[PDB]
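Have a look at the structure below before the remarks.
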Amino acid sequence: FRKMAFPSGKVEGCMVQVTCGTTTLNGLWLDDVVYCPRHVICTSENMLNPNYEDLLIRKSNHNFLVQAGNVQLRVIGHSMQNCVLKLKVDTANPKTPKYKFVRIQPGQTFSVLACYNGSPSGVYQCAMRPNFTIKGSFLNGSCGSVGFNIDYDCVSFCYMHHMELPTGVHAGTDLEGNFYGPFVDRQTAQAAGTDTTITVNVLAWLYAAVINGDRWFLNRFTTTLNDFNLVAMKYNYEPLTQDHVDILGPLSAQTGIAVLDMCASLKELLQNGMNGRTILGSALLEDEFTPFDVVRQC
Amino acid sequence: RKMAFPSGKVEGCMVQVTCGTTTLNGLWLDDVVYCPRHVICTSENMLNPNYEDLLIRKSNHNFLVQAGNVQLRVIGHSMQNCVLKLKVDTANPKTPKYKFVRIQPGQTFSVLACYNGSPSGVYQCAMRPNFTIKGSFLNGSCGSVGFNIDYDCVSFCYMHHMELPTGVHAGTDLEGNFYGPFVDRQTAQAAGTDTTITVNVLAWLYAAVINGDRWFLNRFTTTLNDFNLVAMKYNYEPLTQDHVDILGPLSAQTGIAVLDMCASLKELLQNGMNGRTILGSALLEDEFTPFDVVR
Ligand SMILES: CC(C)(C)[C@H](NC(=O)C(F)(F)F)C(=O)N1C[C@H]2[C@@H]([C@H]1C(=O)N[C@H](C=N)C[C@@H]1CCNC1=O)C2(C)C
Ligand SMILES: CC(C)(C)[C@H](NC(=O)C(F)(F)F)C(=O)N1C[C@H]2[C@@H]([C@H]1C(=O)N[C@H](C=N)C[C@@H]1CCNC1=O)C2(C)C
């Protein structure tokens, strides 16, 4: 059971390089618009507390250099939507996929296409943490890289990368420029809140363990949502809702293990540990697989 | 994070190959489709297939090749070790710059898992020392390929053929020669005992020092032989002088001598992590190569 990213070719064909003055990052080129983080119009001097409304009025089309591989794109218009810059360009991308912009919830997963200088570098699978950060791998120049899901040739863009927090986790917006989490696009002191484990994803991962070989952690017992939720808080675990139980229903129906019975397994694992046994070859409990992820893979 | 390569250059080469009732994936490069030769097997042939006798009875029109909605015309065919090479009517217009390479255990690569010719997911892999892949491959995944990409040239190194009973996977290079002692035949065969890729753990430890963690270092050193005598008690691969030379650059960039990093690994194996993590893991990661670390 591997963590898998979506195939990235539909997105690779949209990545471009955006340069404003001395600042270069990545942009997303869909039809005749290029989307990128608005802090590209910041001068490094003004990363501390910029006024984006003012800095953009003073910009003109000629302040933006957009490069698609070998080819320079001519910017013919610019505007802002929340924290993303929208650069209208000369040419529609002939590789534009069927796509939509969506906003995801903490605990959902997506693929990230990490890019540098407009050129795709690698792909990995991520989860939006309960504290609204991403445990990604982003280096200098990675801003504007996007995250996405694919459903039957339709790309759902859900994330654009903006910044790294002092604990090495990452923060970004949806493609309409709304931040995930209580962060702002400026170099001021900010930090991730204390993170928590995504309970519904651990359970889904335990179902995947049962779907494969592993069954030793099953027991005769069952809990209640209220009794399990007291256990969850003690171990820094997101509380489990009736909504989570309902979505795990398919896996509970397929494997014959009710969710509150799996919770009994999980509560038991959280207290007594694994006693030298493993689950899908892992010694810790994995929480970056959603229920849909497990159904899809299996 | 362990990252796969962007998969688009390979997605444009995946096709569907059908022969009778068997369908799997093929790789379409220029005017040749490559795929596993057991596409020409039926039910009653998996146990003891005679591939020469099965192939002699086929003609070009027995092979149905589909690239998306378009049927390709097969105009020739031949067998090279355990891969079939289907000469087609049309050169793939999306053929990337590519080459074929055979890799060694410990090497990493990306896998594009496909079903019925359409890409489903991409993940990053290592060739294990027992010549198997710890992959994620379902019923129709055969013919999925593994690859690296360097300066826009795609190095194809793996094509998927079989699942072993332990859940791991075996396959061939793109010339059809199996990695390890496996055969494309449904008989009792089993992966040998697997071991940890020691040179990859050490390279990763060097990556931890470079990103500013040093908690696992100690003041000891070790001889190469003493290191290997301890490490093999944990099912770690022996470290060779070639591996030592290979880590040299990282040892220079960090100032930590290779054998001093070996002493730290012996201690990590002795103690565990005591609830800590090194890069982002509570496990010793062995699927990032020395070459990977510098990049
Ligand atoms: C880490 C740093 C101290 C530099 C800063 N962090 C914080 O200001 C915080 F602590 F508030 F998060 C930060 O990321 N930025 C400062 C400045 C932009 C952003 C930035 O340079 N983004 C990079 C875009 N290519 C990607 C970064 C590069 C390192 N790894 C990444 O992912 C803006 C928030 C406007
Ligand atoms: C797992 C099974 C017991 C069926 C068998 N294994 C062994 O015979 C062994 F144990 F000896 F390896 C096995 O894999 N095959 C039997 C037959 C082909 C191959 C096969 O069906 N390949 C699939 C290609 N689409 C991919 C497989 C599907 C399951 N998961 C995969 O990855 C050949 C070896 C000629």
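Below, read A as the first sequence line, B as the second, and so on, with proteins coming before strands; counting in each chain starts at 1. So how was this one determined? The header says X-ray crystallography, 2.1 Å. All ligand and atom numbering here is 1-based and tracks the order in the structure. Quick note: numbers below take in every heavy atom, side chains included, and nothing from hydrogens, waters or symmetry partners.
The drug assigned to ligand 1 in the PDB is nirmatrelvir (bound form).
Of all chains here, the one making more contacts with nirmatrelvir (bound form, ligand 1) than any other appears in the PDB entry as Replicase polyprotein 1a.
In contact with nirmatrelvir (bound form, ligand 1) at heavy-atom distances under 4.0 Å, by letter: A.
Under a 4.0 Å non-hydrogen cut-off, the residues that form the binding site of nirmatrelvir (bound form, ligand 1) are A:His39, A:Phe138, A:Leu139, A:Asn140, A:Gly141, A:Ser142, A:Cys143, A:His161, A:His162, A:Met163, A:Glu164, A:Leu165, A:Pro166, A:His170, A:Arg186, A:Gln187, A:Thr188, A:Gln190. Taking 4.0 Å as the limit, no other ligands or ions are near nirmatrelvir (bound form, ligand 1). For nirmatrelvir (bound form, ligand 1), the atoms lying closer than 4.0 Å to a non-hydrogen atom of A:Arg186 are 8 (O), 34 (C). Within nirmatrelvir (bound form, ligand 1), counting atoms from 1 as listed, the ones closer than 4.0 Å to a heavy atom of A:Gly141 are 25 (N).
Considering backbone and side-chain N/O of A:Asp185, none are found under 3.5 Å from N/O of nirmatrelvir (bound form, ligand 1). The N/O atoms of A:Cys143, backbone and side chain alike, include one that comes under 3.5 Å of an N/O atom in nirmatrelvir (bound form, ligand 1). Residues of chain A contacting nirmatrelvir (bound form, ligand 1) are mostly from the UniProt domain Peptidase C30. Remark: nirmatrelvir (bound form, ligand 1) and A:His170 share no N or O pair separated by less than 3.5 Å (distance only, no angle test).
Every atom of nirmatrelvir (bound form, ligand 1) with a heavy atom of A:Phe138 under 4.0 Å away is listed here by number and element: 30 (N), 32 (O). Looking at nirmatrelvir (bound form, ligand 1), you won't find any N or O of A:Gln190 less than 3.5 Å from one of its N or O atoms. Proximity to A:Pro166 (heavy-atom distance under 4.0 Å) selects the following atoms of nirmatrelvir (bound form, ligand 1): 10 (F). By minimum heavy-atom distance to 1 Å, the UniProt active-site residue of chain A closest to nirmatrelvir (bound form, ligand 1) is A:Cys143, 2 Å.
Remark: nirmatrelvir (bound form, ligand 1) atoms within the under-4.0 Å shell around heavy atoms of A:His161 are 26 (C), 31 (C), 32 (O).
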